[PDB]
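Among the contents of this structure: darunavir.
Chain letters run alphabetically, one per sequence line, in listed order. To match the PDB entry, the residue numbers of chain A are left as they are there, and the shown ones run 1-99. Per the PDB entry, chain B residues shown: 1-99, in order. Values below: every heavy atom of this structure, side chains too, minus hydrogens, waters and symmetry copies. Quick check of the header: X-ray crystallography, 1.8 Å. Each ligand, and each atom within it, is numbered from 1 in the order the structure gives.
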There are 2 protein chains.
Amino acid sequence: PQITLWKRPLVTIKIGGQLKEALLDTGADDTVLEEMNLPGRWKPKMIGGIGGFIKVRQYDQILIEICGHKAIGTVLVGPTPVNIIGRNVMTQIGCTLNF
Amino acid sequence: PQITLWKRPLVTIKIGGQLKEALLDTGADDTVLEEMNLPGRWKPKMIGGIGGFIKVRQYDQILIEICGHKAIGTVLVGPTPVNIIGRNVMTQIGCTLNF
Ligand SMILES: CC(C)CN(C[C@@H](O)[C@H](Cc1ccccc1)NC(=O)O[C@H]1CO[C@H]2OCC[C@H]21)S(=O)(=O)c1ccc(N)cc1
């Protein structure tokens, strides 16, 4: 779909059999989700924002479904205030910016 | 133009007579710029993100020029690691997400 930006660009994702709302974030390099129940192994990692860093668990090769599209890639799980879909996923569903 | 997301959606902006590189950030409600010399009055404000919060100076009715397109609105200045063009400006230049 085409999405204007007068509101936050929220989309419904399905990941690990769970339904969540996440922000389409062109300013995010990778995908970060609030604390969630994901299966498998993971390697620690820290990511920085506008206020500093957070420590997260990096899961590899995780299936995400967004508004009918499917993507596999790295998902970071940690104390983010909001679920964010980063560029690593949006490239796989063909998301573009247009002005 | 149309912008894929395989790399950071960086653009060049003209503000306060200065040229700067900024990241088009659909995940940012407000525009936040690194420390820079801006004229006018302002009000203190704090904004939050990944890792915590930061103190910024809130400038209102500030002119921004991106790819010729002109916008006017609130510009926050403070210790952000990256210049961010938020939804408050992208809406004025007709920016949309498309997938
Ligand atoms: C977390 C969002 C709800 C809000 N953020 C916008 C977001 O795009 C930031 C904007 C951003 C971009 C670069 C550096 C700091 C902040 N990017 C970010 O945190 O991404 C991190 C996760 O993947 C990595 O990608 C880059 C940093 C990592 S934010 O920077 O904190 C922000 C919050 C409020 C306003 N008014 C303006 C900006």
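- To find every copy of darunavir, look at ligand 1.
- Among all chains, the one with more heavy-atom contacts to darunavir than any other is, according to the PDB entry, NL4-3 protease.
- Those other chains that come under 4.0 Å from darunavir, heavy atoms only, are A, B.
- By chain and number, the binding site of darunavir (heavy atoms under 4.0 Å) reads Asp25(A), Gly27(A), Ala28(A), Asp29(A), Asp30(A), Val32(A), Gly48(A), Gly49(A), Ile50(A), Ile84(A), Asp25(B), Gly27(B), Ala28(B), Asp30(B), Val32(B), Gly48(B), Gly49(B), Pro81(B), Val82(B), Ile84(B).
- Those atoms of darunavir that come under 4.0 Å of a heavy atom in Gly49(A), given as number and element, are 15 (C), 16 (C).
- Protein heavy atom at the shortest distance from atom 20 (O) of darunavir is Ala28(A) CA, 3.8 Å.
- Within darunavir, the atoms closer than 4.0 Å to a non-hydrogen atom of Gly48(B) are 31 (O), 33 (C), 34 (C), numbered from 1 in the order shown.
- Scanning the protein for heavy atoms near atom 24 (C) of darunavir, the closest one is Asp29(A) N, 3.5 Å.
- Given atom 6 (C) of darunavir, the protein heavy atom at minimum distance is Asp25(B) OD2, 3.0 Å.
- Of all atoms in darunavir, numbered sequentially from 1 with element shown, those under 4.0 Å from a heavy atom of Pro81(B) are 14 (C), 15 (C).
- The closest protein non-hydrogen atom to atom 13 (C) of darunavir is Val82(B) CG2, 3.6 Å.
- Close contacts of darunavir with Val32(A), meaning ligand atoms under 4.0 Å from a residue heavy atom, involve 22 (C).
- Looking only at protein heavy atoms, the nearest one to atom 17 (N) of darunavir is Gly27(A) O, 3.3 Å.
- Closest to atom 16 (C) of darunavir among all protein heavy atoms lies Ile50(A) N, 3.7 Å.
- Nearest protein heavy-atom contact of atom 36 (N) of darunavir is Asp30(B) OD2, 2.8 Å.
- The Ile84(A) neighbourhood of darunavir comprises atoms 1 (C), 2 (C), with distances under 4.0 Å to a heavy atom of that residue.
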